[PDB]
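Have a look at the structure below, then the notes.
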Amino acid sequence: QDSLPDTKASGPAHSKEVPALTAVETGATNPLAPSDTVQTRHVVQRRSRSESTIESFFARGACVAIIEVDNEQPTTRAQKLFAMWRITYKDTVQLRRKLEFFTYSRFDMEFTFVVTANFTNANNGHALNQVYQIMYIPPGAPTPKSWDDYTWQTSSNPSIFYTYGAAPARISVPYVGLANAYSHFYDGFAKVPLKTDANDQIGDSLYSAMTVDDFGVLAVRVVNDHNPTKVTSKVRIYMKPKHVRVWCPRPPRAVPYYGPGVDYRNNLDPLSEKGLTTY
Amino acid sequence: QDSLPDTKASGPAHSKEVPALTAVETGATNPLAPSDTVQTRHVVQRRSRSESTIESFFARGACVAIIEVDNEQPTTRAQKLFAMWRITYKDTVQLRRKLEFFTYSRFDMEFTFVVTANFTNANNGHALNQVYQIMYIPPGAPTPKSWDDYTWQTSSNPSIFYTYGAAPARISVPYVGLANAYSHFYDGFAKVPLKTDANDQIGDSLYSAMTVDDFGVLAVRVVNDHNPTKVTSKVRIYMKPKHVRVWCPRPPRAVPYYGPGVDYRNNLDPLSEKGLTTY
Amino acid sequence: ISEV
Amino acid sequence: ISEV
Amino acid sequence: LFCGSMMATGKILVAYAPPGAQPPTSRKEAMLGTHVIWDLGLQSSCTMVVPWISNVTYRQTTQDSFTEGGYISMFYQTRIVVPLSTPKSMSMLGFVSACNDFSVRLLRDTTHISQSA
Amino acid sequence: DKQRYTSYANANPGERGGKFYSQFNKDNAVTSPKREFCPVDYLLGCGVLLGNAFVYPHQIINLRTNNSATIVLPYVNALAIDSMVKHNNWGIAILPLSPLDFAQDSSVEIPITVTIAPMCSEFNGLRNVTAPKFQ
Amino acid sequence: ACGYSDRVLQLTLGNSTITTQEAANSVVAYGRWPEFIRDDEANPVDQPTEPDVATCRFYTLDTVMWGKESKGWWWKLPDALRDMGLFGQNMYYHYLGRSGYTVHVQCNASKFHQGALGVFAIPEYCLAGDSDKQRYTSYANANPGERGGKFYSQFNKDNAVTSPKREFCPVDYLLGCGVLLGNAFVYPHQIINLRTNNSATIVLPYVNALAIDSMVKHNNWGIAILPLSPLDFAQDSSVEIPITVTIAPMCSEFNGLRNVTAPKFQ
Amino acid sequence: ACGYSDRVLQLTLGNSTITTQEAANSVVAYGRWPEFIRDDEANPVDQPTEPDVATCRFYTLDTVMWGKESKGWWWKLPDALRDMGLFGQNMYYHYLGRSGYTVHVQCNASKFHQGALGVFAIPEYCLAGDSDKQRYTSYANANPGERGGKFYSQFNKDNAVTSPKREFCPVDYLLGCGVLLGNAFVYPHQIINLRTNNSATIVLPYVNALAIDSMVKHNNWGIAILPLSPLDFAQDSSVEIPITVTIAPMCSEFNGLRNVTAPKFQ
Amino acid sequence: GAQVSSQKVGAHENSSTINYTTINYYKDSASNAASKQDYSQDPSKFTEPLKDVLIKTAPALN
Amino acid sequence: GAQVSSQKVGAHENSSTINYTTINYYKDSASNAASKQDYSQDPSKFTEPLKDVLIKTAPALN
Ligand SMILES: CCOC(=O)c1ccc(OCCC2CCN(c3ccc(C)nn3)CC2)cc1
Ligand SMILES: CCOC(=O)c1ccc(OCCC2CCN(c3ccc(C)nn3)CC2)cc1
Ligand SMILES: *C(=O)CCCCCCCCCCCCC
Ligand SMILES: *C(=O)CCCCCCCCCCCCC
């Protein structure tokens, strides 16, 4: 049973108990109910808070990235034959705001990949079905310079081999934090400037940033050799936190995000105009 | 065992019991049987009413919508790159008439989506397989203005990612009513005009209508970037009520429907011509 | 199990 | 099995 | 919360009218509904509970006359009285929170945050 | 032509009640619409056939049998309680299944009197009086 | 224990709550809390109406301003409440009605203000009139409703025989009724002494020579508020503070229902 | 019994004692009293230093003056205390250090003064910056020590690309961090309402995603004091009262001793 | 947690109670299929809403 | 190793505790679905962080 407290039949009052009065200076919120300030009937409560549990609130796959990758003839200039994405929930705003209702979090992460593709050019013949390779490159491991170089051999890095048309790719990731909890906010620095330093750049750092590569990257490529005609593709990444726990509540972001930290720039006017005595 | 009452061997009569006579003025229906007005034999009845249970009567997926959506080059004018549909059983007539045999209903709802597509133009090359995104936008949530805008990030709204060619998409929805039952008919208004009102539009409302957006919308888009050649598609929505309960019986609609309320316009002549003494 |  |  | 000086006194009527009638423009009309008469004193603050009185089992979070909640209004029951050498004008702060019977359902995306291309 | 356009004032005649009509005469003037109901008798004023209205709680005043009809009504609604000012729960329809006839006098006329009593009435959410505009 | 006080009260009736942080305990008139007519004291035989929370709640009357020249205010009950929501309706739709009441009188100021209000609850408060004419005060003038009436410092007789005002002439030190004000303390009372308390709370039973009577023909209680000691502040000769009267019906019951009584207050 | 009160407190830590005759009870942040790192939550293996009474005592920071134009003040912890006696020494001689705190904020005035201070204790108080540049605020500007920082009424962007100030721009109604001030009450807090109390006492546990961390690289708690209601007195338009912040370390423990850290605050 | 019940056999093969098995895979009951073992009730509330319900052999109006 | 539990039935078909079955296929617990049987707690640490928590009917400041 998970229903909320029943309402009590409460009656008339003439006493020296004054629950309606309090003092919010103390830091506390008055634990009042209708039966303290008005006559109430007995209501048997069936309503429950089941959808607002920390798990139910986050239990939904959110889009956090769109990785664009092409399969075309390797020419001699800047191309997208392979792509890399620093894993994060911050490129998007929606999940970012929900997780930021809290300072600390601990959870397992589910990743679901929706791959879509299309023809770029009106017509150079067609393409046989493409297989995609998503490789996780943890910090330290060699990053690919070429779409078919040796790093894609993937002997120890986790890789997904997705086939176009198949049900969207899906995997789970454990709680991989270097600490007892993921910090959604870090009031600090990774380096400190010492008086004895040679230049003042040695000890300089980005405020609120911790590790440089934080969790690593996802590298994406079409394993297929190029067709005559080009195929452009998009790997959409959906993120869902499961087996979730959260600490220290924070106010929701009220102005538009300006980068990874708490920085604001514009649209600092969130509230509407409404008259004091207007309903 | 669910068979109907057996027939009784009944015999000749000469009595002061007159079951054949009654008085329908009272409001009641005479509970008679063949054995009351004629000599009957003993029949052991095996027949049952299993198909006419409220569940069996509704246990069928009915087409309630056809959502047309295109995937083409985003040009600068009115297009169908994404579509929205206010969820309802009233765009269609068939299920609408069955559910309307009753005033109140309570059930869980199953939605099955049949997606079909085709080529519009004789030939501009072809298209790689399309993935469809059906997002439920509950009232209050932001409605998309663009086919690839931020609302489709879908962090908390339920979304379906369907792949063309796959078995039709299917999901279940709980009893989501704001009341203890869905009202198939509401003899009332959402607002009341008060004497003290400034204009007489303030308190004006649509008769028999309750909430403005009632249950929200389904937004549909092709997640694929546009091919050179255009692909038009149709998402057919099938609705089936399950775990069904119904209250207060109503007469079936006898004239063609004219909008969401009980309004009639034409073809008010439902009955055929047949002679009084003609078989 | 549960047999009816 | 394990029934709660 | 009365944030006036300690020498300032006053009595205030704060009210809630369940929906369906004219939204109150006068204390006389506001009197008639659910209300608290706050007296300013050592206990700096006063709580008014808006009791769940509704036709539907759950109201909606967006605006809609069919599931509307009613009206909140406040009036002087007497007036703010100060002595001399005392500021004649001061601030009142207001706070809101849900009681323990309160619940919410059908998770959705908020209109309060967005993103441009 | 307008759907669900009948005004609160016209939907609610109070004590005076409303009447049925024998056929659908459409309110034609788009400029200043009457915003009234057009209840056609054999369609029960609601798009279904009158012969089936007997699935609803009823009695028949057959003049050779009885002076009256007594129907007791529970509160029926999809909610335990609602706004009585915004919403009607029950409707009372009295249609002559068989026409009034007497001796040979072609303009016969007898009174029909409706007497109603509230039962188990309970009220919630008290505040100032609602003054609707019936104009 | 905890920290409770004689001066800090909460009155809760129906959907209405009053808080006072500076009261002077509370008076229960003649030691009797309001109650319903008992079967052995019953007289009309018809089943009564008991509207409970819809009529037994706190109605706040229009505020009066106390100033240096203020001589006094008076109201009659049930008259003061004749137009108060569902109470007034029940009162006028029935021949018979009884009621008890909680009277809560409000007057706040500052540690530097000064003055004392005498709040008096009187059974059968018969006032004196205008004229040479005895018992000539008209129903319309006897009953001011919510607006109440005022006291005067001396007897100025309504002189015009031709078109008489038919009003009351309530002289303050004679309690408007021929006796001396200093003795009004034999009646249920409290004092709003501005250095001591913001308010007065008198609870009233139904008092009458009958179990129930016509509320439209007869007032049971009268509320008299006379300044025993004048309003004074700093040195500002035209000081002025609000006095607010809030009243609640209690244990209200009605007998003899029929069509509504429409009195002529013109 | 005897006569004890919610408003009269004595805080005694080490050789320091604070008395308040007008407090508003006291807050224990998130319901957790400060404690030492348990063996089953331990991570550095070296024997810790626990200076007890020599570091866990009341350090009073430089006083700030609240006036009619005052927009707000903010400090970070341990930063505010980096130079406070033996605490600062222990903090800079060790790589690792944890600490809880008792924050005691002081603001007195008179029954005739008016105003309300919002005293806020925030976990991980990340502030917004100067520029177009993201996460560009320098260590030197992020950490004012005892001096603390101030809030502003609006976002005036540091415009000079050539020689950037690399400072914070904390806008008051956005809590200097992109959210609205009215919601800061979800954080551990008290209100200094001048008609009610001279002070606020918030006790703070060590809050962090680690059992222990670098105090020199990272602040755990931020103290934000924003006037919810402005200072006002009599009619004198340039009123001014002192706000004094007194902080004490609690359950301080240090790991990883080596040579002293000398940061560049220039 | 498997549910087992008897099918109502219509056309019997030349081979008696035959059973079928059901298992719910989802936590939310809305996700469940329809059990279709539905009980019935009297027409009475509709066919005879009378305060004095009378016996079919006695005069309807007495 | 099958896990069996009661569904919280919302809209009941005209047919009582209905169960659902769960089995984990993977060794790593991160691979598991969400149990969603989540217990709650007091607002207190947040709604009343006080050293002397007082009773709602007594004066807040004594
Ligand atoms: C400090 C703020 O950021 C976070 O809190 C936060 C951000 C991202 C998080 O995701 C976990 C990190 C990685 C670890 C492994 N990973 C993988 C692993 C294998 C594959 C095929 N694909 N992805 C991708 C995600 C977890 C937490
Ligand atoms: C008032 C008359 O209408 C009805 O009675 C009636 C009409 C429609 C009903 O459907 C339930 C409402 C919605 C709620 C959720 N919903 C969803 C939810 C998620 C997805 C992917 N797709 N659809 C779609 C249906 C239920 C009842
Ligand atoms: C009760 O159901 C215990 C017996 C389970 C037998 C094995 C069932 C195998 C399928 C398990 C389904 C899990 C679905 C989430
Ligand atoms: C406990 O689970 C014992 C009962 C198992 C019943 C049969 C389950 C059949 C499916 C086994 C799943 C194996 C997954 C790796």
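Chain letters run A, B, ... following the sequence lines, proteins first and then strands; every chain starts at 1. Partial entry; contacts are within-part only. In each ligand, atom 1 is the first atom listed, and ligand 1 is the first ligand listed. Computed from heavy atoms alone, side chains included, the values below leave out hydrogens, waters and symmetry copies.
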Supply the name from UniProt of whichever chain has more contacts with ligand 1 than any other. Capsid protein VP1
What would the PDB call the drug seen at ligand 1? R 77975
Mind listing the other chains that have a heavy atom within less than 4.0 Å of R 77975 (ligand 1)? A
Deposit source organism: chain A: Poliovirus type 3 (strains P3/LEON/37 AND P3/LEON 12A[1]B)
Which chain residues come within 4.0 Å of R 77975 (ligand 1), judged by heavy atoms? A/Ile87, A/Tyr89, A/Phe111, A/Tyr136, A/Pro158, A/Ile171, A/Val173, A/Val176, A/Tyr182, A/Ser183, A/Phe215, A/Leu218
